[PDB]
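Figure: tobramycin in its bound pose on Aminoglycoside nucleotidyltransferase.
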Amino acid sequence: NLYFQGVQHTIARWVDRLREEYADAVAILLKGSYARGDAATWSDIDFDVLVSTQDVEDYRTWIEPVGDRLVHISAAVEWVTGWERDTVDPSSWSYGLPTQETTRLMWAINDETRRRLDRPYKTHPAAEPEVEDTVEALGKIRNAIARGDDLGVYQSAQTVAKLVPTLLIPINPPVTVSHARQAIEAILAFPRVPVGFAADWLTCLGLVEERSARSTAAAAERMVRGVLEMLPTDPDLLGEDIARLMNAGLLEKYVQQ
Amino acid sequence: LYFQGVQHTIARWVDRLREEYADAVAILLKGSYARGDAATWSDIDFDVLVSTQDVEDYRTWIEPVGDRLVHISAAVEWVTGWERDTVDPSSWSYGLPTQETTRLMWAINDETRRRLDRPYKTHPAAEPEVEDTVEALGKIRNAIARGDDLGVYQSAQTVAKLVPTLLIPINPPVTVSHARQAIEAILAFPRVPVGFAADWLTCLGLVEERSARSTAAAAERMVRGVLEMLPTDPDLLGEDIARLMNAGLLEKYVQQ
Ligand SMILES: NC[C@H]1O[C@H](O[C@H]2[C@H](O)[C@@H](O[C@H]3O[C@H](CO)[C@@H](O)[C@H](N)[C@H]3O)[C@H](N)C[C@@H]2N)[C@H](N)C[C@@H]1O
Ligand SMILES: NC[C@H]1O[C@H](O[C@H]2[C@H](O)[C@@H](O[C@H]3O[C@H](CO)[C@@H](O)[C@H](N)[C@H]3O)[C@H](N)C[C@@H]2N)[C@H](N)C[C@@H]1O
Ligand SMILES: [Cl-]
Ligand SMILES: [Cl-]
Ligand SMILES: [Cl-]
Ligand SMILES: [Cl-]
Ligand SMILES: [Cl-]
Ligand SMILES: [Cl-]
Ligand SMILES: [Cl-]
Ligand SMILES: [Cl-]
Ligand SMILES: [Cl-]
Ligand SMILES: [Cl-]
Ligand SMILES: [Cl-]
Ligand SMILES: [Cl-]
Ligand SMILES: [Cl-]
Ligand SMILES: [Cl-]
Ligand SMILES: [Cl-]
Ligand SMILES: [Cl-]
Ligand SMILES: [Cl-]
């Protein structure tokens, strides 16, 4: 645990080093595990270096000694305006959940940049519901079952499990997450889910010790049917054609035929 | 006999789409029916390219074909944005270059016909992600140490999703047209580390049985196996990464 003090010193030391290196820098922020305070042995030191130069996107890596160990350091160098702007795009690592991308401002070039970038996180909105593609992936599962392709079953079930949260988010209390592992935690904790959710979702994701093509296909059939019957038929939320088809009973008829 | 009525349904839908979209310049058949490998639950997949800029919309019908219902979908998009899309890697291919099958059904003029009547649309391979593969191994290691099985499984999936970006440059070039074929092509890579085919499925979590312990062991084998097979080229892997590997420092970090 004296490793951790050497890392904190490495972080402080790197901030000044990054400044010296990037004349176009306007702000330097700590990200990831060390910004959250939950780092462990193999955690990386993660920096964003925001610059004034437009269209810049580069990725730096260092391996540096801390006592008798080496630590991995990384920096994403990015145009400041591009970095601020991506707050309107959903994260790709949260299964569609809205996110709080943890930031700790280390340095900023002036007062106004300081005031603007001194926030505990950068937000991202939820990914939109994908009813149609969830239903298609169930179709792929059924096709793979019919032809005896277990691997195809497992693959398509992952697609169903990756998409289902986009359906469950709107009918659950608002929750955000700050990192990938926590996304699994928030989803598993959703108060409003169909019967069997926890085990079914992990089976379909493939994050279990034991399953079969039969049990996996079964989990997906339960989940899709259970979730669709819980969804409000709102055209702005789900899409006009989708809500219409659900209200007409056509989507149900299709799935159950 | 069901698939024959589908063919007639397809032809009928093109006329329909033309009539509904005045701003249309082309309609293309995509997916299973464009490949000719469709089955019972396959969907009829259309791209409807419009002259109207910045348009992105997604349509859905459910239609009778004899004694069954068929799912029909249309992606409506600015013709020019559709065309520009070739510069980005597909999201569904584990980083493999792709040939998105395209069968042009209708085009507004002879020039549009010629610009668009192509057998597929291409996307390039995703670039190698050495750093993120190593980080995900780091996460697996932290997860094991705290007894978090789910964390091990999750971060092993990350390792497995990135490893193909590493194997592509040391293997004969291959492209795929759909997601299921991506798995087949990757399992068929001839130049891979010891244990690759079995381990990759284990880490992806596409197997009947594994444990946190066996999964971590697979990812350790894999990552160490793949890195020693990579050329230390700055253009391929990135400047820092190549330097660090050539210096021995990345290996030292991973094995410490
Ligand atoms: N995966 C987790 C890591 O993601 C990012 O870094 C990673 C970048 O996202 C990676 O960039 C990749 O993802 C970005 C964003 O999609 C793409 O623009 C880029 N072309 C693509 O290569 C880049 N090649 C490596 C860098 N470590 C974070 N900055 C740090 C985080 O720990
Ligand atoms: N996943 C396979 C399907 O992918 C696409 O469609 C799907 C679109 O890709 C989906 O759009 C999603 O993906 C696109 C592209 O990333 C995003 O721009 C969009 N915001 C996001 O919602 C849209 N919401 C549903 C539509 N069926 C293909 N056009 C059809 C294919 O069967
Ligand atoms: Cl992290
Ligand atoms: Cl939101
Ligand atoms: Cl799908
Ligand atoms: Cl998955
Ligand atoms: Cl998906
Ligand atoms: Cl994580
Ligand atoms: Cl967590
Ligand atoms: Cl209807
Ligand atoms: Cl329904
Ligand atoms: Cl397909
Ligand atoms: Cl066919
Ligand atoms: Cl071509
Ligand atoms: Cl995965
Ligand atoms: Cl990934
Ligand atoms: Cl597929
Ligand atoms: Cl295969
Ligand atoms: Cl190495």
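Per chain, numbering begins at 1; letters A, B, ... match sequence-line order. The basis for the numbers below is simple: all heavy atoms, side chains too, and nothing from hydrogens, waters or symmetry mates. All ligand and atom numbering here is 1-based and tracks the order in the structure.
One finds tobramycin in this structure at ligands 1 and 2.
Using a 4.0 Å cut-off on heavy atoms, the other chains next to tobramycin (ligand 1) are A, B. Scanning all protein heavy atoms for the shortest distance to atom 8 (C) of tobramycin (ligand 1) gives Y59(A) CE2, 3.7 Å.
Per-atom contact check: atom 13 (O) of tobramycin (ligand 1) does not touch the protein, criterion being a heavy-atom distance below 4.0 Å. For tobramycin (ligand 1), the polar-atom distance check finds an N/O of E57(A) within less than 3.5 Å of one of the ligand's N/O atoms.
The closest protein non-hydrogen atom to atom 29 (N) of tobramycin (ligand 1) is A76(A) CB, 3.8 Å. The atoms of tobramycin (ligand 1) that sit less than 4.0 Å from any heavy atom of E131(B) are 25 (C), 26 (C), 27 (N).
Of the protein's non-hydrogen atoms, the one nearest atom 24 (N) of tobramycin (ligand 1) is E129(B) OE1, 2.6 Å.
Atom 20 (N) of tobramycin (ligand 1) has as its closest protein heavy atom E127(B) OE1, 3.9 Å.
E135(B) OE1, 3.0 Å is the protein heavy atom nearest to atom 32 (O) of tobramycin (ligand 1).
The shortest contact between atom 27 (N) of tobramycin (ligand 1) and any protein heavy atom is with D132(B) OD1, 2.6 Å. Looking at tobramycin (ligand 1), you won't find any N or O of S74(A) less than 3.5 Å from one of its N or O atoms.
Not a single heavy atom of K31(A) sits closer than 4.0 Å to an atom of tobramycin (ligand 1). Compare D46(A), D58(A), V134(B) by their heavy atoms: the one nearest to atom 28 (C) of tobramycin (ligand 1) is in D46(A). Counting heavy atoms under 4.0 Å, the binding site of tobramycin (ligand 1) comprises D46(A), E57(A), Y59(A), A76(A), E127(B), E129(B), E131(B), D132(B), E135(B).
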Between tobramycin (ligand 1) and the protein, give all atom pairs where both partners are nitrogen or oxygen and the distance is under 3.5 Å, as lines of names plus distance to 0.1 Å.
unit_1                : atom_1 : unit_2  : atom_2 : d
tobramycin (ligand 1) : 1 (N)  : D132(B) : OD2    : 3.3
tobramycin (ligand 1) : 18 (O) : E57(A)  : OE2    : 2.7
tobramycin (ligand 1) : 22 (O) : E127(B) : OE2    : 3.4
tobramycin (ligand 1) : 22 (O) : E129(B) : OE2    : 2.7
tobramycin (ligand 1) : 24 (N) : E129(B) : OE1    : 2.6
tobramycin (ligand 1) : 24 (N) : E129(B) : OE2    : 3.4
tobramycin (ligand 1) : 27 (N) : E131(B) : OE1    : 2.8
tobramycin (ligand 1) : 27 (N) : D132(B) : OD1    : 2.6
tobramycin (ligand 1) : 32 (O) : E135(B) : OE1    : 3.0

